[PDB]
Number of protein chains: 2
Amino acid sequence: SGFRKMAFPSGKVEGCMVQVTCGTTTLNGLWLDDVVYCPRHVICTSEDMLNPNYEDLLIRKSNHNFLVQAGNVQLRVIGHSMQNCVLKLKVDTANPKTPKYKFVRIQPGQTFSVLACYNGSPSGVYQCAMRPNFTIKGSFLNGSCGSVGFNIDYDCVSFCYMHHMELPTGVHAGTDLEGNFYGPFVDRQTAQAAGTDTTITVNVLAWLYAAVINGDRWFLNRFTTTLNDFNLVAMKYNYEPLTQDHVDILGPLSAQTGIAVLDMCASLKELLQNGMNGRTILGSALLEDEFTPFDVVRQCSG
Amino acid sequence: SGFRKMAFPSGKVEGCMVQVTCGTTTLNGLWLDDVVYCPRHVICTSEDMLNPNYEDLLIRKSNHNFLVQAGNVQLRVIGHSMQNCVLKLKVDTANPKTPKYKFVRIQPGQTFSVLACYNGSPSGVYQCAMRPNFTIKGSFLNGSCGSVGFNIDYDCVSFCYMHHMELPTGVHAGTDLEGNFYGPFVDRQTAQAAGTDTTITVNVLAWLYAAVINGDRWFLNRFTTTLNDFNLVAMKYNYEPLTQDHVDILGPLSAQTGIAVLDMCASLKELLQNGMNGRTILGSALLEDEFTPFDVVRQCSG
Ligand SMILES: *[C@](O)(C(N)=O)[C@H](CC1CCC1)NC(=O)[C@@H]1[C@@H]2[C@H](CN1C(=O)[C@@H](NC(=O)NC(C)(C)C)C(C)(C)C)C2(C)C
Ligand SMILES: *[C@](O)(C(N)=O)[C@H](CC1CCC1)NC(=O)[C@@H]1[C@@H]2[C@H](CN1C(=O)[C@@H](NC(=O)NC(C)(C)C)C(C)(C)C)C2(C)C
Ligand SMILES: [Cl-]
């Protein structure tokens, strides 16, 4: 038994991380095939950061202003390009450690493993959720930019996030690997709002299912509810409205616990309404929304 | 900014995990040099498990009863040995992916990265603390046995845990890599007590320091305390008694926050005494004791 925030093994992604220096700025790059991907603001000075014209700024840059290092090895850039908010640096060598990979754009409520790097060196790995407001709550210091988020499905790495910037609270924004920001963010040092974040209701139910499977049952109750009734007690508490896919996606967990999704929704209502009263579920004194149904199935089966 | 439970990158350890089958039992092995290490209870039947004589049970086993697989490759065992509660299977091939490594026995209150495996395949990575009672709170299903816990210092893997068994609550016990159990546990399916677990006070202070560094200050208070006075309010609340090394180890964090350790101890007392009143510190509604001072320094500096 036991239930933990667990990241995918990071090995396949370690061999893809390089260092990228342009002028004074150094940060992380993803080297797949003959292409290093990194955030385009590696070309900015402290000053440019306030209101950059990236086209103009990049014109002043030539292949030899881009210092790509892979441990001790340096890579000949033979082509620079911009795709939205990322730099593609075409290099001479194909990364021999290149894994089967894809670039996917993940949807709000989905999770992925971040391999946080500094100077092209991986320092650690943890799981994030894409929040409904398209922020993440990570651990990213100066130098962390260009670190990536990924899923491993089969033997195939699905790259879905690259880190760009930090927002007031301590929350992170970044791009997919084609360089489109998740959410309304631009790579400019100028006031931008994240706006209201809500709880991923289906993930909270997935987690209650994980609780029951590990024996934590105390919150399980005699009552039930309707979808409408509950979903009016959701929005009250800023929770993503529960749909019928959400029900059908909890099937495997409903199936394994022999607990109907709507019985479980009624246990949630009383915790939203009566709090947790100083009790814990799975070592946590609050409701956890950063595990998907699949995250729970993967961990609670094998 | 940001502060997360972060595991070391798992790559160096992925290339060391093999499958080990004896009779019906299959579990995980650590292949370093010409030696595969695994739990010795791979030789037991469901029945043997209740009261094994390992010496006697192992005599009936010969090199060819041990089926070691590394993905699709099979390894010729040319020597079986028992060191306390682990099997050393001498094989023909030296693991070419063998990293600089050491075997260390970690002390209660220290943390390490678990790479959880099934059938010799890594499925995920997370951080654990060796609890004061020498249990961990992991995520280990049938097949997880032989999964290892490690630190990466410099380029050198320090192997410190191998998973053997689960204790009532959902808590895990295992050995160092010489095969000595942490704590009073024996590899026999017979009633054993963990007995009373206490909170790693120095780790809770390290975490309050991480909070302050990320801006969460509300619990910071005007008061101070003595070491004796606080340490009498510790044991009340089952907390490891705070020593002067603990003070001197918090130096780097005291140094960076400009907050004396004993001011911080007085903030802790009021949270132990007045609870958290529905507020959160670093996204948690309870006091976190599974980050060491070094874990916090590593993450909060680079
Ligand atoms: C990286 O680029 C890096 N080199 O690691 C860096 C990581 C952060 C954490 C300290 C620096 N990110 C940025 O520098 C990022 C780049 C400029 C400014 N950036 C910010 O993240 C800024 N945030 C910010 O301005 N936020 C709001 C936009 C005003 C909402 C910081 C204030 C955190 C520096 C750009 C192009 C946004
Ligand atoms: C592994 O050996 C494995 N193959 O993965 C396994 C993992 C656990 C999780 C389900 C099985 N561990 C054991 O089988 C372990 C081996 C026997 C019995 N084991 C237990 O962990 C048992 N615990 C237990 O008996 N606990 C107390 C000791 C009575 C305190 C289980 C009941 C969990 C099976 C041995 C040699 C202890
Ligand atoms: Cl919590």
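Lettering of chains proceeds alphabetically from A, tracking the sequence lines in order. Using the numbering of the PDB entry, the residues shown for chain A are 1-302, in order. Residue numbering in chain B adheres to the PDB entry, whereby the residues present occupy positions 1-302 in order. Read the numbers this way: they start at 1 and go in the same order the structure lists the ligands and their atoms. Per the header: X-ray crystallography, 2.4 Å. Below, all heavy atoms of this structure are taken into account, side chains as well, without hydrogens, waters or symmetry copies.
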Original post:
How do the PDB entries name the drug found at ligand 2?
Top reply: boceprevir (bound form)
**OP:** Name, as the PDB entry does, the macromolecule that boceprevir (bound form, ligand 2) contacts most in this entry.
**Re:** 3C-like proteinase
Original post:
Taking 4.0 Å as the heavy-atom contact limit, which other chains touch boceprevir (bound form, ligand 2)?
Top reply: B
Original post:
Which UniProt domain of chain B holds most residues that touch boceprevir (bound form, ligand 2)?
Top reply: Peptidase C30
**OP:** Would you mind listing which atoms of boceprevir (bound form, ligand 2) come within a distance below 4.0 Å of any non-hydrogen atom of B:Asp187?
**Re:** 36 (C)
Original post:
What organism does the deposit give as the source of chain B?
Top reply: Severe acute respiratory syndrome coronavirus 2
**OP:** Enumerate the atoms of boceprevir (bound form, ligand 2) whose separation from the nearest heavy atom of B:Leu167 is less than 4.0 angstrom.
**Re:** 30 (C)
Original post:
For atom 11 (C) of boceprevir (bound form, ligand 2), what's the nearest protein heavy atom and its distance?
Top reply: B:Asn142 ND2, 4.0 Å
I'd like the atom pairs linking boceprevir (bound form, ligand 2) to the protein - N or O on both sides, separation under 3.5 Å - with distances to 0.1 Å.
unit_1                            : atom_1 : unit_2   : atom_2 : d
boceprevir (bound form, ligand 2) : 2 (O)  : B:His41  : NE2    : 2.4
boceprevir (bound form, ligand 2) : 5 (O)  : B:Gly143 : N      : 2.8
boceprevir (bound form, ligand 2) : 5 (O)  : B:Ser144 : N      : 3.2
boceprevir (bound form, ligand 2) : 5 (O)  : B:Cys145 : N      : 3.0
boceprevir (bound form, ligand 2) : 12 (N) : B:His164 : O      : 3.0
boceprevir (bound form, ligand 2) : 21 (O) : B:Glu166 : N      : 2.9
boceprevir (bound form, ligand 2) : 23 (N) : B:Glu166 : O      : 3.0
boceprevir (bound form, ligand 2) : 26 (N) : B:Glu166 : O      : 3.0

